[PDB]
**Q** 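Below is a structure containing benzylpenicillin. Please help me interpret it.
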Amino acid sequence: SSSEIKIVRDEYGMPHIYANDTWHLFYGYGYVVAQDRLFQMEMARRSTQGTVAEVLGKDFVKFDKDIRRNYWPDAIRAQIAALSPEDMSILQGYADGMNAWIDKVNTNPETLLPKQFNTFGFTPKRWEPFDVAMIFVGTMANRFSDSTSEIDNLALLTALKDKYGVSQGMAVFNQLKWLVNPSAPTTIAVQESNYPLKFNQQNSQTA
Amino acid sequence: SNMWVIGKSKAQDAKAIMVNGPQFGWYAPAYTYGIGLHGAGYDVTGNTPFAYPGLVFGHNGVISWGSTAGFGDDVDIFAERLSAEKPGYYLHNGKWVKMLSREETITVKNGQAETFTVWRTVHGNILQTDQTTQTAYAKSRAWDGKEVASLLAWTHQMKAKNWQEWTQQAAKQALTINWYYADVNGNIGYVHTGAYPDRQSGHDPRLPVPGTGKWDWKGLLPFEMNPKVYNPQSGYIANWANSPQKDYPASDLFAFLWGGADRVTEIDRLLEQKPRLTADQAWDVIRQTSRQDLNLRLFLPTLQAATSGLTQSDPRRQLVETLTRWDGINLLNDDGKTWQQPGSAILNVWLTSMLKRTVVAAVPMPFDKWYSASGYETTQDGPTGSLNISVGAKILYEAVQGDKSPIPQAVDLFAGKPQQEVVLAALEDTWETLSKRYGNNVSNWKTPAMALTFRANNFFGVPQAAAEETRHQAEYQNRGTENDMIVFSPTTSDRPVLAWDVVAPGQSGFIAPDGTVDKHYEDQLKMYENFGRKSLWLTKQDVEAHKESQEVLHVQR
Ligand SMILES: CC1(C)S[C@@H]2[C@H](NC(=O)Cc3ccccc3)C(=O)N2[C@H]1C(=O)O
Ligand SMILES: [Ca+2]
């Protein structure tokens, strides 16, 4: 039936989920994740939303502020609200599967609550689609696809111009922080293709 | 992060081999999560960071996939024009526009809550404001609005059965990420995925742009423009955070460069050593690259030239002799904590001295510090991630290549002195430093090896386990946090695919209230250290044959 979910763990504990629709498949996934990694996932949720200080104290206030300042949560919720039913079923099933295990944990904590919750002094709460989405968004996107140093670059360029003069300072910037270097080893060989765009290399946006 | 994809013309006893080593650092419990999904159009196996819905490392019995960070420049900073007369507004397209804002309160365990405001413009969230110049800086991401689409693209790509189906999903992944493909027929492919801005003419992407309207991005570049290759003539696709393609620009981070000195060359040397690679040989590239000193190849020639006229008894010459006899692979002595050869220490001291004398001296403070690192920076717990050639070392390598370098040496980093003189001076410093620590007999120098730590704090620096759960490995290995290998059409099996991975310390992080750790809490630790690997099962029959437990749930939505 559409209500059945089979979970099989192999000899290393790796789980395999068997189900007949999207929501049920991702529910099985969330369920086994909550069994294996609940504390890790709770702490990843707090890291990705900036709510670590709630449980760990004052040493994490600047961290939490920095996380919240680097995203716009309502926009992520708007993206979720635009999903088709099928796509939403991925996130909803996952959250609903974690919650089924979390509710079991909180009903029998004396045997099922991960020891770390007792150590750190709090208990797990349920998850929604936004939370599942934010584990990804807060790691892959907001940390591993969000790298710039342009304000520092401008400060370096200004210091180079003050040391070497305008022209030589721009040329030393191009020696230390080149736009492109043709001797760089490239995953794609030159015979195959090359990138067709050429970029300004003298800060002409403020010329 | 590294990856090598070996296609039909380079594979031995198989049509394609994919070996991935994503480097995120090392954590307890494991950074990635092993999972198989079967039904609702999926049939997949692998492991993935933070148990995302989409498996970043895995296969579906027809194709396999993996990733490495892309490091393209998909982020620009806009300098917004403010006015003291109109707090909370900025000038855009001839009008004073209201910033969007939200209040946030940080609740604090055993402390007072703190409330602050987050501000946002048409160009992104505000990072910092200079009241002296009435300027606010907004960070603009080419993928803004496509985060959820990216998660879904990484999920839906698991159902692709060919390159066209797979690249339809790659085109929907907006973050800067290298994606890789292999399939049962021996095809291999690569896409440097993501959204990249179509910038106005004259916009230097390394530096901020005015936010008043004229410098706004035109839109996004089309997917045609993303660097990609399918079945390259070389027969292989290798990456270790290096450039995707000739003339493609890197991230604007000042300490990140794509130049003539690149660690990916160590993978090319191994893949080109022999005409073809078996799966075993492809896996062994992990072990060798993980132990390879990355500076020896770059600087040994300069060291040999500098010392070529010296007498046999000159210690500057004897340090170079020691390096010349070495292949750069570090191995632990029998004590389990010192390296058999002293070469990395020699290179570290030498390069530290060289950078101080050259790139550091050319750059104003406090920027100079930015160029002083040798790349051998660590902690007693060892490196927090991969090891690489430092920014200063990459710039020094262009200088020591002389006119072989394509980068104009606007400032002579040797300041008018012969490069040999500076190289020799750094060798004199090296001899003094190391002989004072170890004595004058280089053959008995037992230099410390770097170690590896599975940290109990996640990469954000936030506890994800108790401190006592940290695990330690004597040998630092410059390799993936996990490693996975997929072999297509092996001649040694009738199965269309075979695959293996390693998820250390283990699949489970569970500890019961009484302190009893799960049976799968630490059963992959020794396998990780020894370059072992476990089978990834896909089919119903293989999973059943290797079953330890099962549960059947009955649930209605
Ligand atoms: C920019 C970063 C925070 S993320 C990048 C790299 N991480 C990886 O390569 C891991 C990864 C693998 C597959 C997909 C995404 C990221 C790594 O480490 N890099 C960091 C850095 O240089 O500070
Ligand atoms: Ca930029």
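Simply put, chain letters go A, B, ... down the sequence lines. Using the numbering of the PDB entry, the residues shown for chain A are 3-209, in order. Residues displayed in chain B correspond, in order, to the PDB entry positions 1-557. Atoms within each ligand, like the ligands themselves, are counted from 1 in listed order. For the numbers below, each heavy atom of this structure counts, side chains included, while hydrogens, waters and symmetry mates do not.
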**Q** Hey, where's benzylpenicillin in this structure? All the copies, please.
**A** ligand 1
**Q** Going by UniProt, what is the chain that binds benzylpenicillin (ligand 1) with the most atom pairs under 4.5 Å called?
**A** Penicillin G acylase subunit beta
**Q** Which other chains are in heavy-atom contact (under 4.0 Å) with benzylpenicillin (ligand 1)?
**A** A, B
**Q** Which residues, given by chain and number, make up the 4.0 Å heavy-atom shell around benzylpenicillin (ligand 1)?
**A** A/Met142, A/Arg145, A/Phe146, A/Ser149, B/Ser1, B/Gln23, B/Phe24, B/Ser67, B/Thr68, B/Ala69, B/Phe71, B/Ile177
**Q** Covalent bond partner of benzylpenicillin (ligand 1): which residue and atom, or none?
**A** none
**Q** Which other ligands or ions in this structure are less than 4.0 Å from benzylpenicillin (ligand 1)?
**A** none
**Q** For A/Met142, counting its heavy atoms only, list the atoms of benzylpenicillin (ligand 1) lying under 4.0 Å from any of them.
**A** 14 (C), 15 (C)
**Q** What protein heavy atom is closest to atom 4 (S) of benzylpenicillin (ligand 1), reported as residue, atom name and distance in Å?
**A** A/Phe146 CD2, 3.6 Å
**Q** To which protein heavy atom is atom 7 (N) of benzylpenicillin (ligand 1) closest, and what is the distance rounded to 0.1 Å?
**A** B/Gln23 O, 3.5 Å
**Q** Just jot down the benzylpenicillin (ligand 1) atoms closer than 4.0 angstrom to any heavy atom of A/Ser149, in number order.
**A** 1 (C)
**Q** Closest non-hydrogen protein atom to atom 11 (C) of benzylpenicillin (ligand 1), residue and atom name please, with distance?
**A** B/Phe24 CE2, 3.4 Å
**Q** Please identify the active-site residue of chain B, as annotated by UniProt, closest to benzylpenicillin (ligand 1), and give its minimum heavy-atom distance rounded to 1 Å.
**A** B/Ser1, 3 Å
**Q** Under 4.0 angstrom from atom 13 (C) of benzylpenicillin (ligand 1), is there any protein heavy atom?
**A** yes
**Q** Could you identify the single nearest non-hydrogen protein atom to atom 22 (O) of benzylpenicillin (ligand 1) and state the distance to 0.1 Å?
**A** B/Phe71 CZ, 3.7 Å
**Q** What name appears alongside chain A in the PDB?
**A** penicillin G acylase alpha subunit
**Q** Compute the shortest N/O to N/O distance between B/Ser1 and benzylpenicillin (ligand 1) and return yes if it is under 3.5 Å, no if not.
**A** yes
